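Overview of a structure with (-)-galantamine.
Per chain, numbering begins at 1; letters A, B, ... match sequence-line order. We count ligands from 1, going down the list as the structure has it; atoms in each ligand are counted the same way. Computation of the quantities below employed the complete heavy-atom set of this structure, encompassing side-chain atoms and omitting hydrogens, waters and symmetry-equivalent molecules. Quick check of the header: X-ray crystallography, 2.5 Å.
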2 protein chains.
Amino acid sequence: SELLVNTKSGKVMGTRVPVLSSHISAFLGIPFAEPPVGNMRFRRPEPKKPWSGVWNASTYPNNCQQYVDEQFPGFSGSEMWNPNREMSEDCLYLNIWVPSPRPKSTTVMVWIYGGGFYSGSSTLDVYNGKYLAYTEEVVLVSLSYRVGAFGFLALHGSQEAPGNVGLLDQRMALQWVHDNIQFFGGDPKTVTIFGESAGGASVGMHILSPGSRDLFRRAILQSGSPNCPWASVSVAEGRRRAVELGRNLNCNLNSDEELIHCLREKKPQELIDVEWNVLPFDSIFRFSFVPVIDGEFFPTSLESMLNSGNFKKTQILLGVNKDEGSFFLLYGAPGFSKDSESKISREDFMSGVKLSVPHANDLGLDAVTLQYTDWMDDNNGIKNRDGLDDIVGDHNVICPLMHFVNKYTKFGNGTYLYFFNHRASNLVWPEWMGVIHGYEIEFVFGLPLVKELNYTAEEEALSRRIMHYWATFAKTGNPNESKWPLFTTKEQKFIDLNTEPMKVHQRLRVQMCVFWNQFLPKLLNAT
Amino acid sequence: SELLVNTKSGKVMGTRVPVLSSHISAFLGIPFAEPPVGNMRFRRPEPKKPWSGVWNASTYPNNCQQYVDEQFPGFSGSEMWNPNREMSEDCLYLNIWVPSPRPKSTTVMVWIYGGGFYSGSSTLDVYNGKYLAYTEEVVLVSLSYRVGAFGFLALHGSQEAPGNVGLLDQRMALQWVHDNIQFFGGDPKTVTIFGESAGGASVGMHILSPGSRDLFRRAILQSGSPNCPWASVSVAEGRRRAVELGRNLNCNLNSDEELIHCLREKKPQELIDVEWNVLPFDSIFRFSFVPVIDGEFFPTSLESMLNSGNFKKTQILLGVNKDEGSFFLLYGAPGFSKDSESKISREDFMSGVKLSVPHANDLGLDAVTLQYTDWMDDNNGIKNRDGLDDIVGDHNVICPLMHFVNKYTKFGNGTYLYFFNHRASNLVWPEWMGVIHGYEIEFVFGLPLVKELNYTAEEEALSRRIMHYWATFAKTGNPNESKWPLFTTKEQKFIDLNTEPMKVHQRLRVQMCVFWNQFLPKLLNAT
Ligand SMILES: COc1ccc2c3c1O[C@H]1C[C@@H](O)C=C[C@@]31CCN(C)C2
Ligand SMILES: COc1ccc2c3c1O[C@H]1C[C@@H](O)C=C[C@@]31CCN(C)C2
């Protein structure tokens, strides 16, 4: 039967799902690891023991234990990222959307969800693979991984909690796709991994980690990169935050063993409640438990690796959105409100700047401020608000990605860079937020195709267009079959991704990025 | 007789000089101090002993001993600043242009020539007061002072050479005008001192020095201010350069006395030849012997004085030219030539930046470079050349003046700010130089009125217009009788000075000046 598939792990029974006046097969909730529950918490993922009988894969699996956003209860604009399924420590599953009739050996795309490494669900509505799978005829897989302390508590030196296990979780799913995507009609030799933000940074972390490279062909990174200031910490800091988390729970901190045992006895929610009390600074765009530069998963510093070419050379298609910072200022910078134009004042701008560059000293803050302030109209609340948006996105997303892109393109075999700057006609967030972090996804996953969603004809068109780029690129290592120029260390060309006639530009945010990538770091270091 | 005047110093016989189809009286070469020759060299000016008989004041006096420019022999564009009279250590004279018939009690304007404190002549063609005096009916006086080591060798602690004597020379002339300008028909209660560059900085130094304030009513400063990076040095540095100068002449450096004696035995030219070998850095826009913050002439640091309001509060009219740096890059930065468009390359830009900010460290140089580089077209030779022009002018002229202006306006009784950005239709210097440092003078002195000079009708008009502003302001403390707005700490309005309809703008070069006046200094200090 088209809905029954036999894998090296056991028989899997999917379900026929309708799509744009048609149907396809979906296998949801396929286990790819042993439940990381019990004494396994914090530990590396064990391979999922094979099962006898048919595994029921017709319904979404539980979501991983994560901090739930309640900043705007009932607000679609925010609840849309919230777990839409019971949360559980038993969440290591994957979902596959396979065209009908079942392919033989077609392109495979593996989606890695974001969420700051502390949240995320593959089961999210915006992650419904059925539209991409059907329209582009690809076998779409969406994995899951442990987020928060559950997947990133890093007590280096210890085997009970080495950290990075959330990354290992992504890899084991990648390992499972390599081993079983064939029986689903997918070509395990043409698998593209892609993710947004935390997923995009994850994707790039797989490009760098020696133990992950062989498990995929090419990669797509959306608003995220491995070298993002928030995507990783040192083992020292990771150890620092792990102990501090134990402190928050009145744990025996006399030994890693003592510490881990305590944390393992705590209910999941117990850890999620104090999870935020461990950051070292008052900051925006920073999360407690993220990947650690352990020396294992990451042989050396990410910078040295990018420099020495120590990483998987292949084709990469990546980009950023126009207003990456907006989402983060709305949640933690004073002066920003969801229901107001959020015009910012000097005092609030200075407060934002401070929250945005936590590691910066005074001279550094002065540097940032001077760089984004129009001293001929410094009291402009819209300029102050916008400049603060740019500061957060440039420093946390746009510039770190421009570094990686320029570092990679030197040894890579093909780079394609886009700048998504289109605002959904039906966005529910305030307009001052603009093209919000994570709002290109719906187009990538072709949501603008479902009439019930109220998108404009142009948006459906842009979605289709973007969706073809992703797939076509996944399939051929090139987005093209109007030509989206290749990015070269020389010309640095990139294109705009919106409902308007393609346009090509060069040096995406050089000025601001030369400051973020070269000057500031040199300054902060000198001082 | 209209050409004979009796002063407290002796009888002075002038000469009737023709002007724009008319005539006026001129008394040139009136001594105002005892010749600073002999053991008097380096010493403070002594009052000129009164003379019996009539002093012949119908011809220009000698020029002070200064380094002569031979960078472009015979080139009018440069020789026009060169001494047009025998140089001599006996150069302390002043010239007065008095209208005919002789006034009774009319406005007095005293011109202080520039020349980096190492050169300058009141007898220069562009300093011919006859046009201003005649047209505006003012009694125009132009003094002289000792430049170079002769007027600025600073061996603090010693009375033989305390330094700043060149400033004292200007003051003694001011003292002589206060005491004798009446017998010439000038009102010693309405005397405005004005000068360009070194003279403009001098002017402001008289506004700050307690012992100079009472000797004049208001002041006009053109492309120069007291706080310019090159207008003064510390006594330590002044002592450093004095000894180094002795070293250059194989002098006994065992004691200030030993040192001064040696330097006094040397012929003037002996000192001018090695004068440049004493700068502490490889630099542009820096001169060996300049005013010292001695604690006498300047009670405290110029910054503290400007901050505490410790200075003469009155009306000031000041401004800058568009391309102040151009003249200095043409003479010392690699890549600049008088006969080429001087398109600069990255390597030469970086070399310019280095020469422009000598005291800057690496981080500082990186700061400057990032601030003036268009990283989307960084190889543009015209942008590189222009950006380097701005760096030199902004840092050495425009920004230091914007500091002073903003500091003064807080305690002053009237500030008028202009931005002269008109290029003489008959300029002989290359066009890449633009509105060159010191090229507003000819308009201020109404040269565009003399047909033989080939100026356009508009330029003669602009000259006349500017000349009325200066005089009208000198006379009333206001340039106006189309209204040139007053500059206020709040609005910071200033106007453009060119042949086009007056336009008012605000915050003259804020961006670049916030960097030069606040950020860079904070950085250089932090690092
Ligand atoms: C660094 O990126 C993020 C940090 C935190 C969050 C998100 C992030 O990226 C956004 C889009 C997508 O990746 C998932 C969640 C995000 C939007 C919802 N908020 C509440 C959580
Ligand atoms: C800091 O200003 C200067 C430093 C050196 C020189 C001049 C300066 O200002 C110029 C205009 C006027 O003030 C007199 C001389 C100048 C033009 C001729 N050169 C050769 C000497």
Exercise for the section: Map (-)-galantamine onto the structure by ligand number or chain letter. Expected result: ligands 1 and 2
Exercise for the section: Determine the main partner chain of (-)-galantamine (ligand 2) by heavy-atom contacts and give the name the PDB entry assigns. Expected result: acetylcholinesterase
Handout entry: Chains under 4.0 Å from (-)-galantamine (ligand 2) (heavy-atom)
Key = B
Problem - Site of (-)-galantamine (ligand 2): non-hydrogen cut-off 4.0 Å - result: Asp69(B), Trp81(B), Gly114(B), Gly115(B), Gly116(B), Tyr118(B), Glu196(B), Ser197(B), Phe285(B), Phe287(B), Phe327(B), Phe328(B), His437(B)
Practice task
Find all atoms of (-)-galantamine (ligand 2) within a distance of less than 4.0 Å from any non-hydrogen atom belonging to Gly115(B), and give their numbers and elements.
Solution key: 13 (O), 14 (C), 15 (C)
Practice task
Below 4.0 angstrom from a heavy atom of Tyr118(B), which (-)-galantamine (ligand 2) atoms are there? Numbered from 1 as shown, please.
Solution key: 5 (C), 6 (C), 21 (C)
Problem - Where (-)-galantamine (ligand 2) meets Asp69(B) - atom numbers and elements under 4.0 angstrom, heavy-atom basis - result: 20 (C)
Exercise for the section: Please identify which atoms of (-)-galantamine (ligand 2) are closer than 4.0 Å to at least one heavy atom of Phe287(B). Expected result: 1 (C), 4 (C)
Handout entry: Atom indices of (-)-galantamine (ligand 2), in the order listed, that fall short of 4.0 Å to a heavy atom of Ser197(B)
Key = 1 (C), 2 (O), 9 (O), 13 (O)
Exercise for the section: Using a strict cut-off of 4.0 Å, indicate which atoms of (-)-galantamine (ligand 2) neighbour a heavy atom of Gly116(B). Expected result: 3 (C), 4 (C)
